[PDB]
J.: 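Here is BIRB 796 bound to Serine/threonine-protein kinase 10.
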Amino acid sequence: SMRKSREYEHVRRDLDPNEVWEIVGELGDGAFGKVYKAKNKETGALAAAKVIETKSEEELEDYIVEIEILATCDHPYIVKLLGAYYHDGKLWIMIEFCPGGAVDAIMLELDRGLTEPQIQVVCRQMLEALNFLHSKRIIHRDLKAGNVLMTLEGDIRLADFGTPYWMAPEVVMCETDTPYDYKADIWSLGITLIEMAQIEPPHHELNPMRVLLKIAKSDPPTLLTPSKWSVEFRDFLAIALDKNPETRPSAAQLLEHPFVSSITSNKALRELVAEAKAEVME
Ligand SMILES: Cc1ccc(-n2nc(C(C)(C)C)cc2NC(=O)Nc2ccc(OCCN3CCOCC3)c3ccccc23)cc1
């Protein structure tokens, strides 16, 4: 047999998105692609929409993988799928708009890194989400501050905009599957905490040519000024930034670590997003 133009479970090809969704503007960009802000026709709910110019039905089948993953990952600390449409020769993906901004953009505008209680909340929530991702046998593979988006309410939304300062050593060294692929996120998480503490990641100052080398041959990175930080934090990094994927701890194991195991309030991150919000206009 052979199938032509299959009907995908979370996609509607029988309806224009412009019936439901009003294009309000361009949400900036990098080298990611073409993303747009949009308003709901019935409710006025804000959302972000990306559009891809798919030539063939073989291409379309590739790009919908992102939709299948987004749909199956319904969790309080992960971007949330609202819908997908395939109209004309354009695939539309939409998720709930995030008005806090990426954690790195927050750091840029304040010209300062996060405080420790700020880092603790991000860490605990990132951990809750990774534990869920690994629950579904899904690996992120590109964790960094730029993929941590913020709401005004105080909670993160984990994203992925699909140079390698956050790459795990076993992945740097690889020349070719393995039972400890999920662990690579845990290295990247650790590098993300240092990025959040010091604005930039380790080895930021080097020729990018040298970065894979440096990561392969160096001892795990540590905080530039340990005295400024808690013992719980330094210890957390030490066991998270383990070069052996086999002895590196799971997301679940770290949740029990005293650096995050008593964090219940999201307050410090509510307070953070507000400062950033207040300095947008002045
Ligand atoms: C191949 C592939 C497969 C899966 C993914 N993938 N995996 C995840 C998990 C792991 C977190 C569940 C998430 C994603 N994808 C994303 O999070 N992708 C996106 C990033 C940034 C965006 O917009 C910019 C930000 N914008 C403005 C602020 O408010 C939020 C929206 C997006 C706008 C609309 C639709 C998707 C967007 C990625 C790639």
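Note that chain A carries the PDB entry numbering, so the residues on display, from first to last, are 16-177, 195-208, 211-316. Every heavy atom of this structure was used, including side-chain atoms; hydrogens, water molecules and symmetry mates were not. Read the numbers this way: they start at 1 and go in the same order the structure lists the ligands and their atoms.
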J.: Which residues of other chains have a non-hydrogen atom closer than 4.0 Å to BIRB 796?
T.: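 Counting heavy atoms, it is made of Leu42, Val50, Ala63, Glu81, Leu85, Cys88, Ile93, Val94, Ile108, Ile110, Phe112, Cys113, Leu148, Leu164, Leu173, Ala174, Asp175, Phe176.
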J.: Per UniProt, some residues of chain A bind ATP; which of these have a heavy atom under 4.0 Å from BIRB 796?
T.: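 Within heavy-atom range of BIRB 796, the UniProt set gives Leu42, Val50.
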J.: Would you mind running through BIRB 796 and noting each atom that sits below 4.0 Å from a heavy atom of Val94?
T.: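 The atoms of BIRB 796 under 4.0 Å from a heavy atom of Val94 are 17 (O).
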J.: Purely on distance, is any nitrogen or oxygen of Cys113 under 3.5 Å from one on BIRB 796?
T.: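 It does: an N or O of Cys113 is found under 3.5 Å from an N or O of BIRB 796.
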J.: Give the atoms of BIRB 796, by number and element, whose distance to some non-hydrogen atom of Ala63 is under 4.0 Å.
T.: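 Going through BIRB 796 atom by atom, the ones under 4.0 Å from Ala63 are 26 (N), 31 (C), 34 (C).
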J.: Closer than 4.0 Å to some heavy atom of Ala174 - which atoms of BIRB 796 meet that?
T.: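 With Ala174 as reference, the close atoms of BIRB 796 come out as 17 (O).
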J.: Nearest UniProt active-site residue in chain A to BIRB 796, and its heavy-atom distance to 1 Å?
T.: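 The nearest UniProt active-site residue, by heavy atoms, is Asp157, 8 Å.
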J.: I need the atoms of BIRB 796 closer than 4.0 Å to a non-hydrogen atom of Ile110, numbered in the order shown.
T.: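 So the atoms of BIRB 796 that pass are 30 (C), 31 (C), 33 (C), 34 (C), 35 (C).
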J.: Taking N or O atoms only and a 3.5 Å limit, does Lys65 qualify as a polar contact for BIRB 796?
T.: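 No, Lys65 has no N/O under 3.5 Å of an N/O on BIRB 796.
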J.: Taking only heavy atoms of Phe112 into account, list the atoms of BIRB 796 that are under 4.0 Å away from them.
T.: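 In order of number, 29 (O).
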J.: Identify which UniProt domain of chain A contributes most contacts to BIRB 796.
T.: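 Those residues are mainly in the UniProt domain Protein kinase.
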J.: Can you check whether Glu111 has an N/O within less than 3.5 Å of an N/O in BIRB 796?
T.: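 No; the residue has no nitrogen or oxygen that sits under 3.5 Å from a nitrogen or oxygen of the ligand.
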